[PDB]
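Below is Progesterone receptor with tanaproget bound.
A note on names: the letters A, B, ... follow the listed sequences, proteins ahead of strands, and every chain is numbered from 1. Order of listing sets the numbers, starting from 1, for every ligand and every atom in it. Computed from heavy atoms alone, side chains included, the values below leave out hydrogens, waters and symmetry copies.
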There are 2 protein chains.
Amino acid sequence: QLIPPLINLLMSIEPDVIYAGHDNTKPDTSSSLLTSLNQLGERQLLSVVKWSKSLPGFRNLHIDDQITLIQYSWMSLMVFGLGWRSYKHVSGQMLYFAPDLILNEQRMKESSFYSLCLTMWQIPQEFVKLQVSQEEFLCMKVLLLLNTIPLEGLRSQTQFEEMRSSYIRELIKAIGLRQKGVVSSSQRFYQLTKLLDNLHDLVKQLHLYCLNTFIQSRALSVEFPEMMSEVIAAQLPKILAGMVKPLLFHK
Amino acid sequence: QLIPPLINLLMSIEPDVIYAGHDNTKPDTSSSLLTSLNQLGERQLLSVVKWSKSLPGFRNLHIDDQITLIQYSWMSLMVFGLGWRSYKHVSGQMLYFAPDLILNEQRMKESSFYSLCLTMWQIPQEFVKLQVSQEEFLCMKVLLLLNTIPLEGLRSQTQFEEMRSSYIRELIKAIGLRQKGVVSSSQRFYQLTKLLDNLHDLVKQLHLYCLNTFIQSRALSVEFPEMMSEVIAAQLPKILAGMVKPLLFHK
Ligand SMILES: Cn1c(C#N)ccc1-c1ccc2c(c1)C(C)(C)OC(=S)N2
Ligand SMILES: Cn1c(C#N)ccc1-c1ccc2c(c1)C(C)(C)OC(=S)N2
């Protein structure tokens with residue numbers, strides 16, 4: 001009723017529940033956990049591709065641009081969605097990767113990658129502190145898809161600029177749904193966009209761990225499915241080397 | 001008598017000629033050329049480790065630090081040695097990888113590989129311009145070995161620093177063999193140490209190209225030998241991610 005139409009459209013095209021297909025009747029091993037995380041990843045990737053086809057504005061960018069944005073942003077979209085699920089289903093106090101892959105802190109501690117779990121866990125904790133709304137989350141998730149471009153820019157740079165600006169304007173409207181008053185709503189825009197800026201650094205730790213694990217995947221018995229392997233091979237070294245342009249809302 | 005004894009020692013421990021074992025017989029492909037450079041890189045890795053065992057001071061660092069410095073500097077030493085040979089044998093006008101692997105423009109077909117070679121070519125071009133002497137080159141090449149350290153520094157940090165100052169003093173002596181005046185001498189030291197600073201950015205492009213290729217090796221039909229492979233897997237992602245401290249002579 002009071003919800004802006006683009007936001008209702010964003011809510012309508014959100015994915016259904018995605019399962020990891022993890023055993024759970026067997027004790028965790030570093031290899032089985034990471035394999036399920038990658039299987040979950042492959043499924044989430046498929047879901048991003050489907051979502052992106054319905055995302056207003058996106059289909060009108062050159063196909064190369066679309067592929068590039070998905071390849072740059074997949075880890076940040078996954079970790080943001082994890083943040084949201086963990087916030088909404090478990091009050092932020094477990095990592096809700098999937099309904100069949102939920103790690104409470106004890107399961108994190110016994111994982112082999114406790115510190116990485118803790119890094120990821122920061123996000124749901126920030127959602128709790130900021131009380132991020134569904135409408136703000138939906139807009140912020142679009143901006144993450146649009147949050148890095150090549151050094152040379154995109155083929156459809158003009159159209160990207162219009163689309164990114166439109167979702168920023170939409171995030172502003174989502175904030176205005178609750179944050180009444182110029183000073184509160186102004187501060188809120190700072191905080192939410194600052195959070196997105198801060199994700200670049202958090203995602204860099206995930207990127208490095210993921211790349212090392214991919215390079216060592218045979219030794220470590222971690223499987224990487226096809227689309228996951230393709231995105232990692234295409235872009236992660238270049239992203240880690242800073243040979244792309246992360247977009248920031250603040251200096 | 002005129003040549004400082006340490007520089008004489010550096011001349012004497014310099015590696016013998018290294019062949020790539022390249023098949024000039026058959027026409028070259030991009031994959032077969034990259035394979036040959038990786039084979040040359042394997043052979044050069046062994047020569048670097050042998051060289052370092054006779055390099056005054058080096059064997060006195062903690063063994064972990066020795067391994068770290070070689071693994072950090074492998075690419076830079078290889079490209080610096082390439083600049084020296086191209087300068088010496090072909091007036092800087094071809095890339096003299098080995099006596100059986102010399103590339104000119106016509107042999108750099110793929111634009112990606114050609115751009116990479118243009119990057120490497122800057123070094124012999126500068127050697128030709130500055131008329132770098134063997135004595136300068138030999139001191140500079142030790143400082144390259146010593147030109148990046150871990151973020152937490154080395155185990156033998158004190159010894160490393162003394163060793164680095166020693167070779168900086170030896171470079172000054174090298175410059176004094178020819179650059180007679182105090183002003184000329186200081187400006188020459190600036191130029192040579194700026195060239196070393198500038199190698200970090202240059203080598204970063206080689207590191208990224210190398211990691212991408214390693215990641216896609218099976219698909220590109222490019223062979224990476226065992227020792228090279230370990231160096232790339234152990235350090236390149238971390239180096240590219242900026243998780244080391246490059247040392248700079250100038251701000
Ligand atoms: C699946 N997922 C979500 C979700 N949901 C958030 C982050 C990730 C995700 C997916 C795959 C990987 C990783 C995280 C990490 C553990 C860094 O390392 C490797 S090797 N693969
Ligand atoms: C062998 N070598 C010299 C010499 N001499 C200088 C630089 C290199 C050297 C060695 C191996 C590789 C590379 C350069 C590049 C082309 C970057 O990419 C790949 S995939 N491997």
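Counting only non-hydrogen atoms, chains lying under 4.0 Å from tanaproget (ligand 2): B. Atoms of tanaproget (ligand 2) found under 4.0 Å from any heavy atom of B:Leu116, numbered from 1 in the order shown, are 16 (C), 17 (C).
The entry names the source of chain B as Homo sapiens. Close contacts between tanaproget (ligand 2) and B:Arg85 involve ligand atoms 4 (C), 5 (N) [criterion: under 4.0 Å to a heavy atom]. Near B:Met78, the atoms of tanaproget (ligand 2) lying under 4.0 angstrom from a non-hydrogen atom of the residue are 3 (C), 4 (C), 5 (N), 6 (C). Among UniProt domains of chain B, the one with most residues near tanaproget (ligand 2) is NR LBD. Listed by atom number, the atoms of tanaproget (ligand 2) under 4.0 Å from B:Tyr209 heavy atoms are 18 (O).
Per-residue contacts place B:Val79 under 4.0 angstrom from the following atoms of tanaproget (ligand 2) (heavy atoms of the residue considered): 6 (C).
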